[PDB]
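Structure first, commentary second.
Start at 1 with the first residue, then count along the sequence. Order of listing sets the numbers, starting from 1, for every ligand and every atom in it. Below, each value reflects all heavy atoms present in this structure, side chains not excepted, and no hydrogens, waters or symmetry copies.
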Amino acid sequence: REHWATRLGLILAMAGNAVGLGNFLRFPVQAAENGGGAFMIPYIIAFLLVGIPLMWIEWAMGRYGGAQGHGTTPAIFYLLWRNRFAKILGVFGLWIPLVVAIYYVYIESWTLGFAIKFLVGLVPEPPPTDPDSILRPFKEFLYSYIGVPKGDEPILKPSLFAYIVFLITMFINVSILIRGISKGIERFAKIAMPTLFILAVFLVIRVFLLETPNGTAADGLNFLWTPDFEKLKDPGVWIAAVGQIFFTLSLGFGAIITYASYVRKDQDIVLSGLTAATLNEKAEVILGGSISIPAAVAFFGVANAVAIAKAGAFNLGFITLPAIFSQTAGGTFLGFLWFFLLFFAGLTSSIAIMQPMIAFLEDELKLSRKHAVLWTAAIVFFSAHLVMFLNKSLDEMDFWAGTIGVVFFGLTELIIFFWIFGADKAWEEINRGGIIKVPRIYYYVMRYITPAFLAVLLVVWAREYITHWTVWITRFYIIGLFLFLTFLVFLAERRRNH
Ligand SMILES: CNCC[C@@H](Oc1ccc(C(F)(F)F)cc1)c1ccccc1
Ligand SMILES: CC(C)C[C@H](N)C(=O)O
Ligand code: NA
Ligand code: NA
């Protein structure tokens, strides 16, 4: 089995897995919609009671599987629980990252396309201070790129440029993945993470120097880091925070598990796991939180920035921020550095959610790396045409896989590892080879607090929160993908028989 060459390259590959579009795009929008600092308390508690323990569980399950030659959950679940239902439940750890990949790689492709155009200066020109006259050209710029419907039909029409950039983005993902774990993912991470970090720091400094009659960047930081204890009674904030924690740390995606299955059976996962998780949180609360919101607040004030963050999820990052930047000398270039940052952040993450399917084909169906990567790219590429051409298909996939799926799957992998396999075996498996030991309090968190936390959350979700007819096209398609992956698991157990 392939293994990570260096401890550092492992940390950075895992950090790269976690540090992505979620830190710079999803987090600020989530924090601004939910009272800024009112969001941060549940977010921290979620990190301590959900984020940390599940990260340790997923590293453990991964290393455990990999030692027996299996990198994915259909098989790993079966090792921990010798039951046919374990294999079926394990299909979600191929389904979730695959469905997520289908839309995530497309959003990643936008950032590349915007980087190219912002570098070459093919950008909208606002007139030489009326906000709507400055924002609109950048709105139209995004709308033409992705092809937002102009009438009644729920159909998108991406520009020719957007389509070819998607193709290039796929080609780039493939070229990294085809070289494997040490020479591909690890090598790229060593280049990509330092670049990503430097670009983000530069932008944070640049944003910190912004001031208008409407405000400063520091008003954005005060909005984000000032608690509201009255909001702590609102369950919506808690549901939002926990969802962000999952998405941001790549928990419940089978992506951490798979990367961990290339950690040698002896090697530490406790300190490594905690460091990768902590690097992500820095890049999210310090770097990601410091760019978009403070810049929006400076130029528009708090209440306008909140309203912008509620307008959509891509309004802030693809419209508002580059619009703001265009009002400053060297702004088109500053736009380029932002989108380049986003591209590298997306790229290190999307290779993490394509690798589970690659690992399944190699481990269970015995395809070569080349064939496994090429077929995985073909399924993502083909499937992506749904997200590219059907309005709100992205939202449907992001809901079922990226939102509901991950929490369900997190609770499931915890029940399988810590309740069925055995709480004492699991704990032994986590700490085995550890540089540091996991605090004793976390045994009771993992066994009782985390699962009760998530079960209560999911109860309120499917009873107090659960559209156009076209959402059924996407549901149909992704259900079919699940059935298809079930077929492959079936074929894998048959190959093992013969
Ligand atoms: C609860 N979250 C809001 C839904 C939001 O989803 C996403 C938000 C951000 C990302 C990103 F991080 F960019 F990858 C991916 C998906 C979304 C999806 C499609 C359109 C608009 C918003
Ligand atoms: C799907 C995951 C790889 C997403 C990643 N953790 C992010 O925050 O962008
Ligand atoms: Na993240
Ligand atoms: Na990343």
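Picking from cannabidiol, levobupivacaine, fluoxetine, tiratricol, ribavirin monophosphate, the molecule at ligand 1 is fluoxetine.
In this structure, the main binding partner of fluoxetine, as named in the PDB entry, is Transporter. With atom 14 (F) of fluoxetine as the reference point, the heavy atom nearest to it among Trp110, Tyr104, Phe318 is part of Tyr104.
Heavy-atom contacts of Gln30 reach the following atoms of fluoxetine: 1 (C), 2 (N) (cutoff under 4.0 Å).
For atom 18 (C) of fluoxetine, the closest non-hydrogen atom of the protein is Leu394 CD2, 3.6 Å.
Summary of contacts: the protein heavy atom closest to atom 8 (C) of fluoxetine is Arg26 CG, 4.0 Å. The nearest heavy-atom contact from the protein to atom 16 (C) of fluoxetine is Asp398 OD1, 3.4 Å. Ranking the protein heavy atoms by distance from atom 11 (C) of fluoxetine puts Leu21 CB, 3.8 Å first. For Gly312, the heavy-atom gap to fluoxetine stays at 4.0 angstrom or more. Among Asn315, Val387, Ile107, the residue whose heavy atom sits closest to atom 15 (C) of fluoxetine is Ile107. In this structure, the protein non-hydrogen atom closest to atom 17 (C) of fluoxetine is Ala313 CB, 3.8 Å. Note on fluoxetine: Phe314 sits in its first shell, one or more heavy atoms being nearer than 4.0 Å.
With distances taken over non-hydrogen atoms, the option nearest atom 19 (C) of fluoxetine out of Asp395, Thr403, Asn391 is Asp395. Distances from fluoxetine to the non-hydrogen atoms of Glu108 include no value under 4.0 Å. Atoms of fluoxetine lying under 4.0 Å from at least one heavy atom of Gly22, given by number and element, are 12 (F). Per the entry, the source species of chain A is Aquifex aeolicus. Residue contacts with fluoxetine, taken as heavy atom pairs separated by less than 4.0 Å, involve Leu25 solely via side-chain atoms from C-beta onward. With a non-hydrogen cut-off of 4.0 Å, the residues around fluoxetine amount to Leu21, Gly22, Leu25, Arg26, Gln30, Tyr104, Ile107, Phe247, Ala313, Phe314, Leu394, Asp395, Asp398.
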